[PDB]
Amino acid sequence: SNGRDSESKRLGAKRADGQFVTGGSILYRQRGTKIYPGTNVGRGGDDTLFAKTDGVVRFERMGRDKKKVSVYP
Amino acid sequence: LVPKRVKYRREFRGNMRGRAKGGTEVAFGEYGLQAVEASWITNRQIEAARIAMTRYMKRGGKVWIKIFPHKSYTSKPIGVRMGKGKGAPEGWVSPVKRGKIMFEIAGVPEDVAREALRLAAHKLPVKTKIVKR
Amino acid sequence: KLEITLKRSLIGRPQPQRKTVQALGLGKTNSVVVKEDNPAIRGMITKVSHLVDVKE
RNA sequence: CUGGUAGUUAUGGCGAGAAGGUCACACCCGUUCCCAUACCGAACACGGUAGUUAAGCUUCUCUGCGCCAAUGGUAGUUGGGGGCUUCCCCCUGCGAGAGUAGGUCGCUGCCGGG
RNA sequence: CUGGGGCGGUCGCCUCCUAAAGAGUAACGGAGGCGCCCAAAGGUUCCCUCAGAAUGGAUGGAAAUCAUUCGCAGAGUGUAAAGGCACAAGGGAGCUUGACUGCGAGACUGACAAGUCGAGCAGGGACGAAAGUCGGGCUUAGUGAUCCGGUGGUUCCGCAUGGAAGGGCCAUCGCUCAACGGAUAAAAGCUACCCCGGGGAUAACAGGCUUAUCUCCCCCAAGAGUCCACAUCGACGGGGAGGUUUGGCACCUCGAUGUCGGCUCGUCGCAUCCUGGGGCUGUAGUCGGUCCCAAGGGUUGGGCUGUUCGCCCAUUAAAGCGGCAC
RNA sequence: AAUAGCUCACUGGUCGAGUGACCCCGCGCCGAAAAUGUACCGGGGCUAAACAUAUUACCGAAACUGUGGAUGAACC
RNA sequence: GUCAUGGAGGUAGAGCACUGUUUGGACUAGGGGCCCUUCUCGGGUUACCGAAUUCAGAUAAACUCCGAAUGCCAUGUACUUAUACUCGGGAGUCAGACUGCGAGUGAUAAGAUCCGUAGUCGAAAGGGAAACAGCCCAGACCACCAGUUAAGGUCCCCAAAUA
RNA sequence: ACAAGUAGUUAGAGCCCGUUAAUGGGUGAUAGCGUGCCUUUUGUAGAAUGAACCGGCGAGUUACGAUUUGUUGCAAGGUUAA
Ligand SMILES: CCC[C@@H]1C[C@@H](C(=O)N[C@@H]([C@H]2O[C@H](SC)[C@H](O)[C@@H](O)[C@H]2O)[C@@H](C)O)N(C)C1
Ligand SMILES: [K+]
Ligand SMILES: [Mg+2]
Ligand SMILES: [Mg+2]
Ligand SMILES: [Mg+2]
Ligand SMILES: [Mg+2]
Ligand SMILES: [Mg+2]
Ligand SMILES: [Mg+2]
Ligand SMILES: [Mg+2]
Ligand SMILES: [Mg+2]
Ligand SMILES: [Mg+2]
Ligand SMILES: [Mg+2]
Ligand SMILES: [Mg+2]
Ligand SMILES: [Mg+2]
Ligand SMILES: [Mg+2]
Ligand SMILES: [Mg+2]
Ligand SMILES: [Mg+2]
Ligand SMILES: [Mg+2]
Ligand SMILES: [Mg+2]
Ligand SMILES: [Mg+2]
Ligand SMILES: [Mg+2]
Ligand SMILES: [Mg+2]
Ligand SMILES: [Mg+2]
Ligand SMILES: [Mg+2]
Ligand SMILES: [Mg+2]
Ligand SMILES: [Mg+2]
Ligand SMILES: [Mg+2]
Ligand SMILES: [Mg+2]
Ligand SMILES: [Mg+2]
Ligand SMILES: [Mg+2]
Ligand SMILES: [Mg+2]
Ligand SMILES: [Mg+2]
Ligand SMILES: [Mg+2]
Ligand SMILES: [Mg+2]
Ligand SMILES: [Mg+2]
Ligand SMILES: [Mg+2]
């Protein structure tokens, strides 16, 4: 009666803290906001975080419990 | 001893590495039976050990069972090949790790405590030490 | 300045250890190499200490 | 000193106690007007200043709750070795969680009035 | 597909655990969902805060609707689960149709086919005073290629020429093709009458590994035994040995390792059936019980059934149990 | 049969130095029965030729080195 | 490859803040035994049950207030090393095995099965483990009646200690 | 003619020879080491397959296309078919 599972969706970080990215680079794939859109970062319809401009990726604490990812030129 | 209900009917066997994380110092009683090596203790063995203890004390003093058989185990019948999914739940066990105090007694003199506990130890599949608070 | 000598075989050793021995510049068993004593080199030696002997 | 508005993982919070006020800020008074209530001028909005620090606000005190937190030890574990192996032991490096000594009743801006 | 095959179950998609703190990761492993829904349950602007409990109160009950207090969320989020969400992503209300057209730097995922995200640009809008947000829905299922047909459009082609027929292009519809990368538009059985190619890649015999089960031996001792645990039994539980059972696995053998019972011939083990020696006895004697030593020899003939086994008749000192390809 | 017999909880004498519980660690013992033949150190055999801790010599490979030779690549 | 630096990620461990499982005590609303007028409405009764409440104590693959070692992604003006990538021509492979470690299935059986991870075999001769693909040591270009070592050894078979 | 043999190989006396003259030839007491070849396999000395022996015969070819590399001629050209 078991024997089922969905295809794995390859979630998680796609670029490293300190790595240079081009505009549109997906930074994080996620369900909901495990990580929040920081500065120069957008949240897509499926919660995907992407760089809005070229620059360097920085994963940062938001405050105590939450986390954000930013892109600094 | 059986859980009134369980979230999952089937459960990994697990492992028994390391010293018991809790219940290593005798807490409610004067004397305790301490597991020296690890083992699964079945509910049938806990009962056999309890009745042996309690009978010798002659409904005197108190007996705390400090282990509970939370974990189900399954078996396949004889004449059944491998596969076709996990077997039916057969029994209930408490994985006892080394250092875990399994039984505690109070309200009897040392001599009677120490005898009731050796009588219990002979029903358990694990090497035991008697320890006092 | 360190003198590093490969004393044990790489046969049967994991790739990380083999790759480190290669980066140290060691070839066959009893190969010797002379390296400047840095943290970088010290770190390599530590990963493969069981394979090599180190003098000064 | 106080009003506004920011930053900072609550060491900033909660709770308890005290003091303060025409300069603000409040409560407060009123519904004619703009504007309001799925009923209610409660709120929102507008017009006032008789009354009051009671509350909010501000300042001060405290460790009861929370929060922060070493050192040491221990668990675990990379690598290297041994065993009698449900598992356990030794060497090297890393090293928690809990507990604890301790810390905390914030700190740091810019603007307006005084 | 398959711990041989058949029978049963399963087949695509989503969520979780397995999964070893990136990603990925198997099993006829452990759990659940899907093949939709919503004209608002979408967009935007503004405003809001839930579960439960206590106390008080007409119908009114444990529980309806009021009121106060405490309440980080114990609620909710169309729907499984996980991850999120109280500046709400939860709850009201007003206006709306961005559930837009052309696209798209660049990324993710990935054998391919596909799948996913996307700032920004242009057109023309919705809401908002503006800032701005809006290319459906908190996120991740809700689907199916090509070929062929149908319908709508069309500054495309039109077989001498003008047309037309018919085609192309754009849009859209028609399949559990669900065995869900779909052999065809269109498909069930039997073979002991069988045949060929292969396989010890894979079953039936025996060997091997394993020993759950099985046989034997122990530990503890509640008890039974008038009394008395241990003469003899020994519950509840615990530990082994053996490799004769029922099994598990699929390692040798499918260019053949003949498979049950019997006959003939035995040989070996000892966990001993008899005979020999001995301890204990709940051993008066005669008989026994139980344990220890002991494998030298011995260990029946019939009735029934293919039987092994078993029951029976009649004996015997005794009518042993096992291994040797049962 | 009960009474007594013996033997004694309890002693002063001897005779006189140790004696009795309990816990931990090392190494052993029993528990220990299978089928052709010893048959659960490869054998002999071993009381160390076993075990523990420490030490040093030596043996031991087609490893590495020495001598000669052949050969690929890269470089000059 | 290492060093340094930054980061994502919830395993081991641990913990009980949530969810499930769970022991003992205290408390306490009900219900159920027991008589009473009684409608057992409520008393006087209670270890016959029982939901919260706390105090102490356990427990978890599908619990988490926490949380390593490693591994992973990246940066460097660090030190070593020698490959990467692209485009073409030609393949073979799609039965794997055991060992160690981490899991599932199984009985915490299997030389079982199925993944992950490393190694060896496969395709690897040599030495050791009596013999013994997969264990220990170690990689055979050829010749030598030279040498030094590895695992394993040194009384005899049998080279070396009756150290 | 006291020996336990995948038949050799390494060491090696003794005996017998005398060459394409070489640190030669035949034989081999004794000693060490040593499980054919092929196929098929995770793994075969295999108690898996095939071959009694010897000899002969016995399996990637050609044509026409495609593509790629090498070579040669000519080159913004090159080349002819029947
Ligand atoms: C349950 C049986 C298991 C199998 C039996 C065996 C086999 O095939 N036997 C053959 C035999 O046939 C003849 S005997 C009449 C032949 O002479 C004899 O050699 C042999 O081939 C036949 C009886 O089927 N297999 C190897 C395994
Ligand atoms: K025991
Ligand atoms: Mg998967
Ligand atoms: Mg969407
Ligand atoms: Mg090794
Ligand atoms: Mg099978
Ligand atoms: Mg089957
Ligand atoms: Mg992962
Ligand atoms: Mg058409
Ligand atoms: Mg025409
Ligand atoms: Mg398919
Ligand atoms: Mg017939
Ligand atoms: Mg087979
Ligand atoms: Mg069989
Ligand atoms: Mg056989
Ligand atoms: Mg297999
Ligand atoms: Mg044959
Ligand atoms: Mg006997
Ligand atoms: Mg008959
Ligand atoms: Mg037979
Ligand atoms: Mg060499
Ligand atoms: Mg754990
Ligand atoms: Mg956990
Ligand atoms: Mg493995
Ligand atoms: Mg296997
Ligand atoms: Mg092969
Ligand atoms: Mg080899
Ligand atoms: Mg050998
Ligand atoms: Mg071979
Ligand atoms: Mg040598
Ligand atoms: Mg030497
Ligand atoms: Mg010698
Ligand atoms: Mg002779
Ligand atoms: Mg002789
Ligand atoms: Mg033949
Ligand atoms: Mg060609």
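Below, chain A is the first sequence line, B the second, and so on; all start at residue 1. Recorded method for this deposit: electron microscopy, 2.3 Å. Not the full deposit; the contacts listed refer only to the portion displayed. Just so you know, ligand 1 is whichever comes first in the structure, and atom 1 is the first atom listed for that ligand. FYI, side chains are in, hydrogens and waters are out, and symmetry mates aren't considered; it's all heavy atoms of this structure.
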**Student:** Which pharmaceutical agent is found at ligand 1, per the PDB annotation?
**Tutor:**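 It's recorded as lincomycin.
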**Student:** In this deposited structure, which macromolecule lies in greatest contact with lincomycin (ligand 1), as labelled in the PDB entry?
**Tutor:**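 The chain with most contacts is 23S ribosomal RNA.
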**Student:** Return the other chains, by letter, having a non-hydrogen atom closer than 4.0 Å to lincomycin (ligand 1).
**Tutor:**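 By heavy atom, the other chains are E.
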**Student:** Could you walk me through which residues contact lincomycin (ligand 1), taking a 4.0 Å heavy-atom cut-off?
**Tutor:**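 The binding site of lincomycin (ligand 1) (heavy atoms) is E/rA204, E/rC205, E/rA256, E/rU257, E/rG258, E/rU259.
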**Student:** Which atom of which residue carries a covalent bond to lincomycin (ligand 1), or is there none?
**Tutor:**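 The model places no covalent bond.
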